[PDB]
Amino acid sequence: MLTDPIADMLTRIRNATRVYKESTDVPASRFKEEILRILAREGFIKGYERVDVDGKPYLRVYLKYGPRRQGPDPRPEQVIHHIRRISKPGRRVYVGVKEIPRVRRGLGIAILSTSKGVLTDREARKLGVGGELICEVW
Amino acid sequence: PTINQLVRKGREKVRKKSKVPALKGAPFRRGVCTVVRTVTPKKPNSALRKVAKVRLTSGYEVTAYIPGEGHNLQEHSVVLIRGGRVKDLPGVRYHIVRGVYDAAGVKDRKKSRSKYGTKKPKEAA
RNA sequence: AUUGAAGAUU
RNA sequence: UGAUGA
RNA sequence: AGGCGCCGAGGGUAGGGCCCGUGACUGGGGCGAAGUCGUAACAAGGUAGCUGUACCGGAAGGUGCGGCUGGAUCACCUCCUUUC
RNA sequence: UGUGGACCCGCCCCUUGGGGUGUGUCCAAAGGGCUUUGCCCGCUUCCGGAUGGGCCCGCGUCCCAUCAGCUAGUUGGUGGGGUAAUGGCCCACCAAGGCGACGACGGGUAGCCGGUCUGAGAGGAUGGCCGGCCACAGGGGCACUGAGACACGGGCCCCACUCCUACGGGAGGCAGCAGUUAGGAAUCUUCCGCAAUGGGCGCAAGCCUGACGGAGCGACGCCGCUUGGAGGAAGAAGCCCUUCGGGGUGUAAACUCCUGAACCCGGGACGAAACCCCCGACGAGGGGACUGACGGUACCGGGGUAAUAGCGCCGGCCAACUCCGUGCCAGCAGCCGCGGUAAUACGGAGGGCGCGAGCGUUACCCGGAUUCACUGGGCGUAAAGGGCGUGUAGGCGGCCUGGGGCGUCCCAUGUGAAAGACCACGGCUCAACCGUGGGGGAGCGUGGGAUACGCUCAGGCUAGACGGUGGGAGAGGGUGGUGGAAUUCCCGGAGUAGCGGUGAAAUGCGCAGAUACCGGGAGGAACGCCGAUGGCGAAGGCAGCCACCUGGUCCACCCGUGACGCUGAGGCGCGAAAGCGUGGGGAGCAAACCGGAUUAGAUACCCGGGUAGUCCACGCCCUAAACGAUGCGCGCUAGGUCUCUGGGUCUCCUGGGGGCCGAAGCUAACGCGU
Ligand SMILES: NC[C@@H]1O[C@H](O[C@H]2[C@@H](O)[C@H](O[C@@H]3[C@@H](O)[C@H](N)C[C@H](N)[C@H]3O[C@H]3O[C@H](CO)[C@@H](O)[C@H](O)[C@H]3N)O[C@@H]2CO)[C@H](N)[C@@H](O)[C@@H]1O
Ligand SMILES: [Mg+2]
Ligand SMILES: [Mg+2]
Ligand SMILES: [Mg+2]
Ligand SMILES: [Mg+2]
């Protein structure tokens, strides 16, 4: 049935970038969108937009890389080095504000969902609230 | 295992076994001898190794090594036992403490004197 | 006696 | 079909 | 006061269940340089091996049935690779 | 006597038996001292406070499922009884219930915690001293008294022990301080004091206090200190090495000066100001006196002696090397391993490393061990995918909107005793030890708030799933029927001397005529070619042909339902071969077995026979190299080529199977790779 849609997205994304695709559809959900917004803003993706395919709502995700590279193996560095689900249907994961993780001494993000909406970790910390720890990303 | 699985069965504590029923934990036990046989080692080792059959305050009767140059033990000898396998002699897992009870210390012993149980000698000392 | 030394061999 | 211990 | 009664620690006889002991007789098992019989296995190990099962034999085993390749060598094959 | 309180009935407020009120009824007391008419210590009723407790409830609290069912006061009820008080706490009567895979019941083990040790942390381990709670006082019952006990030094009884006994009967209970004895590897003085603190009685003076404050024994632990300091040779002797030159112990000793642990003399504590008495007023406040176990100790001053070193280790891990001895011996040994005549590994010695009033050993706990993996592991060949399905509980659940706010998050607040821990500053000359102060803190309770995600309720969608219509391929299964080839036997023909079998043989069969050949018959079992690198099934597995009964599945159409999904502990079903039971069948094959060869032997390989069995029906068994040695579903991530089977606009395009090569990636490698 597809059991964790948000896992899915992270994975679709993880997969498309390692073969350096320009873009990936992922079937669209409001929540998925909210996570994408962060990705976009935090400068991990170029951007994203709604689209249809076979006339059902998707989300094209435009991915983003580094420059062509030095010697044998000219593959660009990845912008999204690591994108990992934390909370999962098997095991939900929640943090109080005092215990939100700091991803790769701040060079990374942790999307995290609160009752004040979906936020990066600094975002959440600032508005002094915690919630479901969605994924890390660096 | 899945996490549900760990919720269902959990992990299992690796709780493991003594090498030395000198029973009641006890760092030493008192026994009385029975045989003072000699034994051949195994492996690639050849020699005539000193051993006693010891009947213990544990209730237990077991074989123990008699370390050092030469002993003074026979049938009714009455001795303290300490644990320490021999390793060349499978089924020998306890040493006899030398210098306690009816086990003489090692006569003429200069170096690792504290094991072997031999008093500080007097020479130019 | 033989063997590096032994077991075995007279 | 066999070729003693280290 | 005294008496009788119920309850009641405990005890008895019958009946089961269960734990320790010791145990005549009895089954294998581990470990111990150079004892005995053969030679199953590892190379196609000299009958390819392993396997469940079933019978049989000092011993390893052997044989029956079915299965497996986790089998050597030679062929025909088609696949791949090779071009072109 | 009735301030009042108790109880019944009523009424009011309040809400489980909480307050209030009205009749009625019922219930108090003790005296003592005196600095004697006015005070002190007491007594009685009642309302409150304070402290201490009982009872109840949520959550948490070890091992075994090789313990799976348990339960008659059992579960509830109505009415009693009992208590300070709720309650099957107990009793009568009624009802038939309560509990359990979220682990009841049973077994094992165990006092629980504050803490402690360890760890980076999560965790593991633990509960000795100190503080808190519980339980017990030779073992087992039980009540009495009392505010309180069902009472360690109170009582009764039963039991086991010891003691006294005039044999009838009696006494007793160190898990209080010492101490004895036993067990054991092992654990202290039959000490000193009520001076302090605290406790009981007393108006007080006081008395009691093995609580306690000290001292004593034990390197058991922690901390502080000593066994000297500065000189002092190109460097004594001895000992050890030695290429015979020398090298080492070694500034180490000797020896010069200096200081002065111990020990001696002198002084000498704080800890103790209260109770009490006097003044005041028995108040506040002021004055006064008594009192030290530790102890002639600590500490201060004077004098003053060069005055203790041990244990472990030196193959690698692991810091530290040489000579003898020894010859797989004697021995070492945490693991790996040393020793067989040149041993840095044994024993000794010189020298060296390490620690030092200690050093080693053994036992035990955590560590390292991401080696039970939550943080943080794995299962193709290393240990590990269940033989396969079906689907029970359970776990998990697509897209949109709204309610609720259980999870989750936030603010406030209560709680989290002291000790300990951590930080500061203090007191013992330092430190150990101690004092004071500060700062953490999960968990839980209360109040308020948020609503993204999870949950739930209500609506909605069609991308998951299911269905409809139309088409397909298939050794998928079951039942009945039938076909030809071959083998065996039987009957007839013709026909003659061997056939068969092997490496070579022989056993065997043949003149009762076999082998080979032709014709007829019976029977059982298996299906050649097609046949594939092919297909079908969840697996096991499925192959002549025909009918019938029946399972799955693929494509197109985009028509219906509207998340109906995935997985699946247990259960149930299926499950090759061999084997079991009952009854059939029996051609060929063939364990066992009977022979022939072979061989050193041959309980085998080869050869001739042969029973079970192989076959059928029905019932069992439930195993396997039950294999892709690879659980099931879904999503995502280059391609090439071969192939089976659909559809299309038919070079090709597009589904669903089967293969190989191999992007990215993965893997210890081999490999794997829509
Ligand atoms: N170990 C389990 C089973 O034990 C058996 O092993 C036992 C005996 O069979 C085997 O015996 C061997 C013998 O096989 C070999 N052919 C001769 C040898 N002397 C024997 O040796 C044995 O016994 C001798 C006394 O003589 C002891 O010295 C020695 O420790 C032991 N290995 O030694 C084992 C006892 O030590 C199987 N042989 C063994 O392979 C199998 O695994
Ligand atoms: Mg050999
Ligand atoms: Mg040897
Ligand atoms: Mg592992
Ligand atoms: Mg394996």
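Below, chains carry the letters A, B, ... as their sequence lines are ordered, and counting in each starts from 1. Partial entry; contacts are within-part only. For ligands, and for the atoms within them, numbers begin at 1 and follow the listed sequence. Recorded method for this deposit: X-ray crystallography, 3.1 Å.
- The drug at ligand 1 is paromomycin.
- Ranked by contacts, the chain bound most extensively to paromomycin (ligand 1) is, in the PDB entry, 16S ribosomal RNA.
- With a cut-off of 4.0 Å on heavy atoms, the other chains touching paromomycin (ligand 1) are E.
- Other ligands and ions with an atom less than 4.0 Å from paromomycin (ligand 1), by number and name: none.
- In this PDB entry, the source organism listed for RNA chain E is Thermus thermophilus.
- Residues in other chains coming within 4.0 Å of paromomycin (ligand 1) by heavy atoms are E:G30, E:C31, E:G32, E:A33, E:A34, E:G35, E:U36.
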